[PDB]
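Co-structure: triclosan and Enoyl-[acyl-carrier-protein] reductase.
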Amino acid sequence: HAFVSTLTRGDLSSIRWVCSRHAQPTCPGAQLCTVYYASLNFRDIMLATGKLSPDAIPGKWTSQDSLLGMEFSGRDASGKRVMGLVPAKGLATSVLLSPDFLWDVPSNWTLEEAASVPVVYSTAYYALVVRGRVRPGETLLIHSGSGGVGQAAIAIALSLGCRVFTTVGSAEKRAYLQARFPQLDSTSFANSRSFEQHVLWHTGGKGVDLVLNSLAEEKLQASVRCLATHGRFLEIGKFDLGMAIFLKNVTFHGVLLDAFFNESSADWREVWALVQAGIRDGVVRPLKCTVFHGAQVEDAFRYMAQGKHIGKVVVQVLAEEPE
Amino acid sequence: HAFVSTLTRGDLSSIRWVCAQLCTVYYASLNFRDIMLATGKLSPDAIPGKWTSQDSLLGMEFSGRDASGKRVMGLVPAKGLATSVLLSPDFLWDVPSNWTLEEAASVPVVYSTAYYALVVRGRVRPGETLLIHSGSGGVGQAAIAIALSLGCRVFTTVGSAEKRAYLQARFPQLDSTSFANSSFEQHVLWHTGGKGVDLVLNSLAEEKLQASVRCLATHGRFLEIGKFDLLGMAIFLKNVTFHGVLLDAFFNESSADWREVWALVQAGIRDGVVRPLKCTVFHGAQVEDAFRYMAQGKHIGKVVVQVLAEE
Ligand SMILES: Oc1cc(Cl)ccc1Oc1ccc(Cl)cc1Cl
Ligand SMILES: [Cl-]
Ligand SMILES: [Cl-]
Ligand SMILES: [Cl-]
Ligand SMILES: [Cl-]
Ligand code: NA
């Protein structure tokens, strides 16, 4: 067994593979999977650079545990291709996890790209459907549309018949989204020319019903101004109060999946089912992947941290075998 | 027709009387917003709706009689502190026989607010637990009444022993464990088995947000009533939902949504859940005294201005 860990806490240059046989659990509640690809998420960057303490992550961890890695694709003990969510420790040669957090990988998918799906789509479905309760014909404002969760949210929003507005960091990102999502038109892109004025003008002065991730971009105040009454804010936890909030009867939803691995495990399969149905119906599409050899894991992190990429940064722990 | 107005904006000493369904106002209650307006801490431009510079917005609720003489109580978007109000019948309730008009004037705002916050927004369920800050406050008392009627366990913080004593006497269903600050987070955590509470009401007003999060259950909800005189990772890890609440929208763009709240209040009256607050009454001529006393915030229940004595 081997996992990725920073030698000295907070130093990304000290990152390396620590090597060392984990037993197969008999009980149906736990399962040992072989990791082929492990995706990087922003939290992994926060942990490795020391901006985030592992003591902050919920669960039962020891002082020697490395929590790097939140999602993977690979094979179960029987050799079936799977992808899954893990509370931590995804960046390893094998993962021990509950089968409740596994999905089968569609035959037309590569293992490589399947690794990009679990976190962003589980997060987007939980936020929009379970928490946001999106309804057809409602309007959404998705900040950072080309970002991982943004892309998932756009795909889900459009599938449920919702009208989508988004903000993006660049023309390239705008161009990418327009091509990936032909249902979008030029009016969908709110920050190409302020975004709140744009939204108001294309919502009959009424504003949008839901806003996703305004805090990450520091666009909350502006977002309230183009929010409809009884609007809902959806904000995914990132480890880094005007009167309008009350007059408009605004609701704020703080969102993270960590609880589903713990005290909220009884409510997880609702989210699991949403992802599964989305896969079946073609809504859930793998993101674009930039792949690094596991031996270049440090390079993957530094590349990820720059945040200039589109899609997912994936680490190849074990190359998928030829068919 | 006459209404209360500050002749000079922001000078409470200059306050005086100035000489859909039309109702005669017998009693007009004061709310903190009225104080904010009268003392100039709040601009009338901040209050939604179509008002003119000549309007006085003082007064949010009343009791009296409609045109046909039937005793009523109601919510108004503004202009409640007057000899008459013009309003949609959607914002009127019949006054029960056992109530005086005096005390009926204490009901509309706090119970409409409490029902909308706890039931419509909070979606409180039987067997869930609530932390109600400032339990002796108007909305707090309404919230406690509603929570107990729905089979919820109530925790509350109070400013003094008198307030506890009043609440304990007003609500015999409460016990010693209901009063969390006789630290509340430690008290709450111990009496919820470390699970925390499902709902918290008005932590911001009391400056108890951080501590309230610490004794909040996963998927817990914060309910916060707007006040014009106003983020750890736990917020996200616990999947917290925050509800900002005010009734103003119901008079305007959310009029279609109002009936649910109206019916909740009416039903609460029917089931005897809705009980009038204690009232401290001032004659209309001492309207200034009423404002200054209200501003002291030492009272328990409602401050009410008698515009016209009940026959
Ligand atoms: O004070 C808060 C308390 C909680 Cl539990 C959650 C969010 C809070 O602050 C907010 C409330 C509403 C909106 Cl739309 C945005 C923000 Cl940042
Ligand atoms: Cl993070
Ligand atoms: Cl599309
Ligand atoms: Cl005014
Ligand atoms: Cl009682
Ligand atoms: Na106020």
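Just so we're on the same page: letters track the sequence lines, and every chain starts at 1. Just so you know, ligand 1 is whichever comes first in the structure, and atom 1 is the first atom listed for that ligand. Note that these values count all heavy atoms, side chains included, but never hydrogens, waters or copies made by symmetry. How was it done? The header gives X-ray crystallography, 1.8 Å.
Counting every copy, the structure places triclosan at ligand 1.
Other chains within a heavy-atom distance below 4.0 Å of triclosan (ligand 1) are, by letter, A, B. For triclosan (ligand 1) and A/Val250, the ligand atoms under 4.0 Å from any heavy atom of the residue are 14 (Cl). One option in B/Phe242, A/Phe246, A/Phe252 has a heavy atom closer to atom 3 (C) of triclosan (ligand 1) than any other, and that option is B/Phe242. Atoms of triclosan (ligand 1) found under 4.0 Å from any heavy atom of A/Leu241, numbered from 1 in the order shown, are 9 (O), 10 (C), 11 (C).
Organism of origin for chain B, per the PDB: Homo sapiens.
For A/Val224, no heavy-atom contact with triclosan (ligand 1) is shorter than 4.0 Å. Taking every non-hydrogen atom of A/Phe233 and a distance limit under 4.0 Å, the qualifying atoms of triclosan (ligand 1) come out as 14 (Cl). Residue A/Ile245 has at least one heavy-atom neighbour below 4.0 Å for each of these atoms of triclosan (ligand 1): 12 (C), 14 (Cl). The binding site of triclosan (ligand 1) (heavy atoms under 4.0 Å) is made of A/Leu220, A/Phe233, A/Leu241, A/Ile245, A/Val250, A/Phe252, B/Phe222, B/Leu231, B/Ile235, B/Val240, B/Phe242.
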